[PDB]
Amino acid sequence: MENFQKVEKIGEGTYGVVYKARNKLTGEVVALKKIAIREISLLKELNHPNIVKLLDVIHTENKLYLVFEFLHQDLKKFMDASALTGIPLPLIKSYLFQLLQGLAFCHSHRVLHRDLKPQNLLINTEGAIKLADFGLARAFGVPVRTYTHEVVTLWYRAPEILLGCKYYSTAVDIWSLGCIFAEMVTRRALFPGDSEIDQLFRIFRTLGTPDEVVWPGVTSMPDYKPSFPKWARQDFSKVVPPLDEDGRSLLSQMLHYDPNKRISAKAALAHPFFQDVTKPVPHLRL
Ligand SMILES: CC[C@H](CO)Nc1nc(NCc2ccccc2)c2ncn(C(C)C)c2n1
């Protein structure tokens, strides 16, 4: 649209191209997504420090542009830049702290993300990290292949979604974040599934195959089969070295199979892992 000179293609998303753009009324650099209206108009109203601010919604000539605040880098790029040294733990801890603050905010207005991953986690030079694309998956889709036929990752999907629950809760977000948490620590994807049954089975081999004892009602889920192989749970000390006892208790609590048992975001901010949070500035050049 006309009020915006786009100055860069930032990237192909799930729903559209994103451009860095110079709003020439306000003069402000801004991120322009080219893509329900009741829904995405609702989002304009939920602003948190750790949620990427939806500035405007432009439905002109029956198209959809969403104008957001601009952040300089995403988490996935930053994990790749920090591959040989790893992200320092005080940084990992503070980023997790902030994310749970943002999750705790949306979850109380009953907005889920439900497609979290390193790629829609965005960071600035200050030491802040924000959550991007919140509320959109509800508004349209979360599809299997994007608009450019890229396969949407299954790596972070909560197992009740994989097992065919259609009434996900906010717990599916705490699941994903446990997966991103573990990955920030090991420098290696927790559950790197390449199909839905590979994803299911990758979870099972590590956490153990779920039954009626740990997960009440799993065996009557839509896509549960009695023929699932029965694997044994692994020790978290083998799964996420060198994470400490506090981190691992937290991580297993976010990775609980039963969604009712899985730790809430508000409760995670009170876990002893976060007793010593600081806010460090990260090493990042632009
Ligand atoms: C949600 C994922 C999106 C595309 O993969 N990434 C991205 N990346 C942004 N910045 C990453 C970046 C900044 C500068 C250059 C290259 C990439 C960004 N800023 C605002 N937004 C809105 C659309 C959420 C941004 N979105």
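Positions are given from 1, in the same order as the sequence printed here. The basis for the numbers below is simple: all heavy atoms, side chains too, and nothing from hydrogens, waters or symmetry mates. Just follow the structure's listing: the first ligand is 1, and inside any ligand the first atom is 1. Technique stated in the header: X-ray crystallography, 2.4 Å.
Notes: drug at ligand 1 recorded as R-roscovitine. The main binding partner of R-roscovitine here is, in the terms of the PDB entry, Homo sapiens cyclin-dependent kinase 2.
Taking every heavy atom under 4.0 Å from R-roscovitine, one finds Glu8, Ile10, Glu12, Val18, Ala31, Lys33, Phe68, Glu69, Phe70, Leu71, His72, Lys77, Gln119, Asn120, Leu122, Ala132, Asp133. For atom 22 (C) of R-roscovitine, the closest non-hydrogen atom of the protein is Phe68 CD1, 3.9 Å. The protein heavy-atom contact nearest to atom 3 (C) of R-roscovitine is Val18 CG2, 4.4 Å. Residue contact check: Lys33 has heavy atoms under 4.0 Å from atoms 23 (C) of R-roscovitine. Under a 4.0 Å criterion applied to the non-hydrogen atoms of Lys77, R-roscovitine contributes the atoms 11 (C), 12 (C), 16 (C), 17 (C). When each atom of R-roscovitine is checked for a heavy atom of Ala132 under 4.0 Å away, the hits are 24 (C). For R-roscovitine, the atoms lying closer than 4.0 Å to a non-hydrogen atom of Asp133 are 1 (C). Polar contact with R-roscovitine: absent for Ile10 (N/O pair, distance under 3.5 Å). Regarding atom 10 (N) of R-roscovitine, its nearest protein heavy-atom neighbour is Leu71 O, 2.8 Å.
Scanning the protein for heavy atoms near atom 26 (N) of R-roscovitine, the closest one is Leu122 CD1, 3.9 Å. The protein atom (non-hydrogen) at minimum distance from atom 2 (C) of R-roscovitine is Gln119 O, 3.8 Å.
When only non-hydrogen protein atoms are considered, atom 5 (O) of R-roscovitine lies nearest to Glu12 O, 3.8 Å.
Scanning the protein heavy atoms around atom 21 (N) of R-roscovitine, the nearest turns out to be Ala31 CB, 3.5 Å. Among protein heavy atoms, atom 13 (C) of R-roscovitine sits closest to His72 O, 3.1 Å.
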